[PDB]
*Asks:* 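What follows is a structure written as structure tokens; I'll ask about it next.
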Amino acid sequence: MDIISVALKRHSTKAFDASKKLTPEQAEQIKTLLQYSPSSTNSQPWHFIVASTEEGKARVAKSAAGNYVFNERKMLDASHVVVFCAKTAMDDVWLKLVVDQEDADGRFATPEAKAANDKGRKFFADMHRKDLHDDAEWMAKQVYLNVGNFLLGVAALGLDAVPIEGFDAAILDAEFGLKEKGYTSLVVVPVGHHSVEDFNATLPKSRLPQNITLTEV
Amino acid sequence: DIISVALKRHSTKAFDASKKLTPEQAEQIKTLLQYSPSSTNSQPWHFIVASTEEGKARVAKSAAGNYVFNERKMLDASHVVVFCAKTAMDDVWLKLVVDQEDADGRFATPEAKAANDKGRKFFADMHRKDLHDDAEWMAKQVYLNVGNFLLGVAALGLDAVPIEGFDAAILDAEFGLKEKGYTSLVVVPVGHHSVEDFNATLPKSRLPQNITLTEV
Ligand SMILES: Cc1cc2nc3c(=O)[nH]c(=O)nc-3n(C[C@H](O)[C@H](O)[C@H](O)COP(=O)(O)O)c2cc1C
Ligand SMILES: Cc1cc2nc3c(=O)[nH]c(=O)nc-3n(C[C@H](O)[C@H](O)[C@H](O)COP(=O)(O)O)c2cc1C
Ligand SMILES: O=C1Oc2ccccc2C(=O)[C@@H]1C[C@H]1C(=O)Oc2ccccc2C1=O
């Protein structure tokens, strides 16, 4: 159908069926969704852990303890589990990797246009690094943009999903060694198919009216 | 198919002033803004949709100084949405959300209404008092909306560009957002590209999955 149908009909799944796996093609398509999300200046300030085995999901599920025990079941029972990570600092080696990938994909005709896109990236990166001191927050903002893109995308592939903020970030970071690699875990997204125990599957979707949230000029 | 539109969508650098959104598309854009997910269904956002030429000129005042190159995008596109975040998560908004969830029939019992208001307040209180990051937590949810929106309009057949290149302090003052309790974050012109757009025929570039993705 159309994406409005998908947007109105998708939901946060509260229980997954562990026997209902992603097809081999959907498993590749969810990775394509992760990579091809936009970001500010194409900065792509992210890493993804995609857990598809029982071991790998159990390693992710260490993060759902303490206050966050209600999220353990979803991390273990979903087919694939995506951990969305931000960079800890925006470094010049990574700003170079972005410009040199844009070059190799053939986006600049002139070597002057290569320099003009590196300068434009630098003006944005240095605004957040040197002046406003919020580069961790700026990069995290892009990862959340990615999550939004990902949630509608997987729903349009006919897959179920739930975004999770309810996990321990220090525990997940320690398990995959993210801090020394230069990353922090932000959102965990289990993807798969819902079970009959998903009570949110049949409940109506609720949002604030547009006369509170939206102004037309 | 959604993979086709994810691979085929572009950030458009120039818009056609004469190509307008249909009445159907204008409504569908507002629907996508409204029905995006957020943490705890907190929905900590406001949207300004500028469709008149007077409204789009008020938005374009934010791109005056350092960002003159972004003014043409805000003026020529059919609809221009400014995504705004809440400055503080107050108890009136938390009650507005749970009462709307109640009126829409999401709770079987008044106990489950209480347990959802409690489960929201736990996460909301954690972010202001303990982690000191309530403004950026809410800003994160609005950025999640932008991601939902961009793929959504791409799949409607419409061109979009997300813009951080504006002056948020000028936009905030222009629409009175500070005293209303909101701050401007992203401006997204929606429309169709002009016949002089260089980005539309240009290949997409992303880093390879062997850099960005670990499988376990
Ligand atoms: C960033 C983020 C974090 C969330 N964290 C959780 C979570 O820890 N557990 C859960 O069950 N739902 C979680 N949700 C789901 C929200 O409760 C849900 O998106 C919201 O109530 C709207 O419902 P819907 O997604 O069914 O439209 C989260 C949503 C977002 C966007
Ligand atoms: C939050 C955000 C802010 C952006 N700001 C600008 C901007 O001010 N000007 C611009 O020309 N492009 C801007 N972009 C577009 C990016 O350069 C673009 O998303 C990126 O190069 C990837 O290209 P694509 O969107 O065609 O896939 C922004 C993107 C995002 C997601
Ligand atoms: O509906 C919710 O949305 C959230 C959004 C952001 C952060 C935290 C939460 C929650 O704790 C719950 C409560 C919640 C609940 O009351 O019961 C459940 C039973 C099974 C699986 C999951 C849940 C929940 O997440």
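The chains carry the letters A, B, and so on, in the order of their sequence lines. What you see of chain A is 1-217, where the numbers are those given in the PDB entry. The numbers used for chain B are those of the PDB entry, and the residues that appear cover 2-217, in sequence. For ligands, and for the atoms within them, numbers begin at 1 and follow the listed sequence. All values below come from the heavy atoms of this structure, side chains included, with hydrogens, waters and symmetry mates left out.
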*Asks:* Look up in UniProt the name of the chain with the most contacts to ligand 3.
*Replies:* Oxygen-insensitive NAD(P)H nitroreductase
*Asks:* Provide the name, as given in the PDB, of the drug at ligand 3.
*Replies:* dicoumarol
*Asks:* Using a heavy-atom cut-off of 4.0 Å, enumerate the other chains touching dicoumarol (ligand 3).
*Replies:*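 Chains with a heavy atom under 4.0 Å: A, B.
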*Asks:* Please check atom 6 (C) of dicoumarol (ligand 3) for a protein heavy-atom neighbour under 4.0 Å.
*Replies:*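 At least one protein heavy atom is under 4.0 Å away.
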*Asks:* Do any UniProt NAD(+)-binding residues in chain A place a non-hydrogen atom less than 4.0 Å from dicoumarol (ligand 3), and if so, which?
*Replies:* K14(A), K74(A)
*Asks:* Please report whether atom 2 (C) of dicoumarol (ligand 3) has a protein non-hydrogen atom at a separation of less than 4.0 Å.
*Replies:*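 Answer yes: something from the protein, a heavy atom, is under 4.0 Å.
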*Asks:* Just to check, does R73(A) reach to within less than 4.0 Å of dicoumarol (ligand 3) when the distance is taken from its heavy atoms?
*Replies:* no
*Asks:* Is there at least one protein heavy-atom neighbour under 4.0 Å from atom 10 (C) of dicoumarol (ligand 3)?
*Replies:* no
*Asks:* Could you tell me the residue and atom name of the protein heavy atom closest to atom 17 (O) of dicoumarol (ligand 3), and the distance to it rounded to 0.1 Å?
*Replies:*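 For atom 17 (O) of dicoumarol (ligand 3), the nearest protein heavy atom comes out as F199(A) CZ, 4.1 Å.
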*Asks:* Evaluate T41(B) for polar contact with dicoumarol (ligand 3), using N/O atom pairs at a separation under 3.5 Å.
*Replies:*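 For dicoumarol (ligand 3), there is no N or O atom that lies under 3.5 Å from one belonging to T41(B).
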*Asks:* With a 4.0 Å cut-off on heavy atoms, is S40(B) in contact with dicoumarol (ligand 3)?
*Replies:*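 Per 4.0 Å heavy-atom rule, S40(B) contacts dicoumarol (ligand 3).
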*Asks:* If you scan the protein for heavy atoms around atom 13 (C) of dicoumarol (ligand 3), do you find one that is closer than 4.0 Å?
*Replies:* no
*Asks:* Which of the FMN-binding residues UniProt records for chain A come closer than 4.0 Å to dicoumarol (ligand 3), counting heavy atoms only?
*Replies:*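 Going by heavy atoms, UniProt's FMN binders that qualify: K14(A).
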*Asks:* Against heavy atoms of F70(A), which atoms of dicoumarol (ligand 3) measure under 4.0 Å?
*Replies:*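 Here the atoms of dicoumarol (ligand 3) in question are 11 (O), 21 (C), 22 (C).
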*Asks:* Identify, for atom 24 (C) of dicoumarol (ligand 3), the protein heavy atom at the shortest distance, and state residue, atom and that distance.
*Replies:*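 For atom 24 (C) of dicoumarol (ligand 3), the nearest protein heavy atom comes out as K14(A) NZ, 4.0 Å.
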*Asks:* What's the shortest distance from atom 22 (C) of dicoumarol (ligand 3) to any protein heavy atom, and which residue and atom give it?
*Replies:*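 The answer is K74(A) NZ, 3.3 Å.
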*Asks:* Per the PDB, what organism is listed as the origin of chain A?
*Replies:* Escherichia coli
*Asks:* Within 4.0 Å of dicoumarol (ligand 3), heavy atoms only, which residues of other chains turn up?
*Replies:*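 The site of dicoumarol (ligand 3), heavy atoms only, is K14(A), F70(A), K74(A), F199(A), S40(B), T41(B), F124(B).
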